[PDB]
K.L.:
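My questions all concern the structure below.
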Amino acid sequence: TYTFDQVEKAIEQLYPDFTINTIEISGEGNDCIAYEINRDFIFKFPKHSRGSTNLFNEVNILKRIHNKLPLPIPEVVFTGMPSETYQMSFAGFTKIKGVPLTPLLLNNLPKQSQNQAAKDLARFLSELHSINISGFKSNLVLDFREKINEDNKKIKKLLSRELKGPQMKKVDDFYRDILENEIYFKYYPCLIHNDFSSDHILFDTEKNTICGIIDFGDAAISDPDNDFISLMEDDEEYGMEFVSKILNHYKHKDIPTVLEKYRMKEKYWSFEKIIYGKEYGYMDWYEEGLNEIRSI
Ligand SMILES: NC[C@H]1O[C@H](O[C@H]2[C@H](O)[C@@H](O[C@H]3O[C@H](CO)[C@@H](O)[C@H](N)[C@H]3O)[C@H](N)C[C@@H]2N)[C@H](O)[C@@H](O)[C@@H]1O
Ligand SMILES: O=c1c(O)c(-c2ccc(O)c(O)c2)oc2cc(O)cc(O)c12
Ligand SMILES: [Cl-]
């Protein structure tokens, strides 16, 4: 964690001409804390080394796709420096004014506004997924089969003395079932947002139109279907019906596939909670995942 004195000092070092008048905490994620500075900029500071690589990733991707997208995205204006601890010490982005398009907010909109929102997200995704990926930096590729095998290995290392025989057999089976299913690894890899959820979609209540996409730190080259299944959850997201509208504008050509990927992903969450948990020292996510795994 950081003091305001630390943030200001960090920025002053690299941007001595930049006058800081105001600084307040803007937000906080698992990877970075955000500061709003002079009410003009969002500055992200990594909470840890791992978070710093997401920050570093966001900056590189945003630089590459700048003015290629049909909706406003953060623009990099300030960058920090690498250390032995952080790949990037901080970054300052233009602030995009607006509020998040919550499930609540969306469902209260004129049926036309909802439909237009679905159209704007579709064409945003269409152009993003169309961006030319050759000449893209290292690390950017996220091969799904590589991910699952690596995860499987991790679950095995973590849970071998935590599960009983029948319970681990269930784990093996699930991972077996995933890996022997071609549709998961068959996609054309494209540049994807990879955390495309309602809290990263900023909305203009005056125009009743989406006015920005934020938080590219998870972006990668992978399965573009990821950017639909993330919006499709019923608890914290928009739901299968609204995403379906988005799918039509996208001109999507295998929607049951999208659906099959959604359901697999929802089941898979227990395992991510174990892994993401253990890695981020979230003993709460680990125990939840562990308890879920010891069940249905
Ligand atoms: N909270 C409970 C929910 O958790 C996940 O969904 C949420 C994601 O976790 C969020 O993203 C954060 O966590 C990810 C790792 O999980 C990170 O990669 C990402 N950078 C983070 O911003 C995203 N913004 C919203 C989405 N609804 C599960 O899928 C969902 O079933 C479950 O109900
Ligand atoms: O410009 C930004 C902005 O406005 C918001 C934002 C976030 C949550 C809110 O509830 C809100 O009202 C605004 O955050 C961002 C996060 C970024 O990574 C980059 C940005 O540029 C902004
Ligand atoms: Cl300067």
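Throughout, residue positions are numbered sequentially from 1 according to the sequence presented. As the structure lists them, so they are numbered: ligands from 1, and atoms in each ligand from 1. We read in the header that X-ray crystallography, 2.0 Å was used to get this structure.
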K.L.:
So what drug did they put at ligand 1?
P.N.:
kanamycin
K.L.:
What name does the PDB entry give to the macromolecule most in contact with kanamycin?
P.N.:
APH(2")-Id
K.L.:
Report all residues and nucleotides of other chains within 4.0 Å of kanamycin (non-hydrogen atoms).
P.N.:
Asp195, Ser197, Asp199, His200, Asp218, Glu233, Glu236, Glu237, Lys265, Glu266, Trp269, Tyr276
K.L.:
Under 4.0 Å from atom 8 (C) of kanamycin, is there any protein heavy atom?
P.N.:
no
K.L.:
Could you check atom 4 (O) of kanamycin against the protein and tell me its nearest heavy-atom contact, residue, atom and distance included?
P.N.:
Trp269 CZ2, 3.3 Å
K.L.:
Below 4.0 angstrom from a heavy atom of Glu266, which kanamycin atoms are there? Numbered from 1 as shown, please.
P.N.:
31 (O)
K.L.:
Say whether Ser197, considering both its backbone and side-chain N or O atoms, lies within less than 3.5 Å of an N or O atom on kanamycin.
P.N.:
yes
K.L.:
Short list, please: which atoms of kanamycin are under 4.0 Å from a heavy atom of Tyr276?
P.N.:
15 (C), 17 (C), 18 (O)
K.L.:
Can you see any other ligands or ions closer than 4.0 Å to kanamycin in this structure?
P.N.:
none
K.L.:
How far is atom 1 (N) of kanamycin from its nearest protein heavy atom, and which residue and atom is that?
P.N.:
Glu236 OE2, 2.9 Å
K.L.:
Only heavy atoms of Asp199, strictly under 4.0 Å: list the atoms of kanamycin that pass.
P.N.:
24 (N)
K.L.:
Measure the distance from atom 29 (O) of kanamycin to every protein heavy atom, then report the residue, atom name and distance (to 0.1 Å) of the closest one.
P.N.:
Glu233 OE2, 3.2 Å
K.L.:
What's the shortest distance from atom 20 (N) of kanamycin to any protein heavy atom, and which residue and atom give it?
P.N.:
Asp218 OD2, 2.4 Å
K.L.:
What are the atoms of kanamycin, with element, lying closer than 4.0 Å to any heavy atom of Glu237?
P.N.:
25 (C), 26 (C), 27 (N)
K.L.:
So which protein heavy atom does atom 11 (O) of kanamycin come closest to, and at what separation?
P.N.:
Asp195 OD1, 3.4 Å
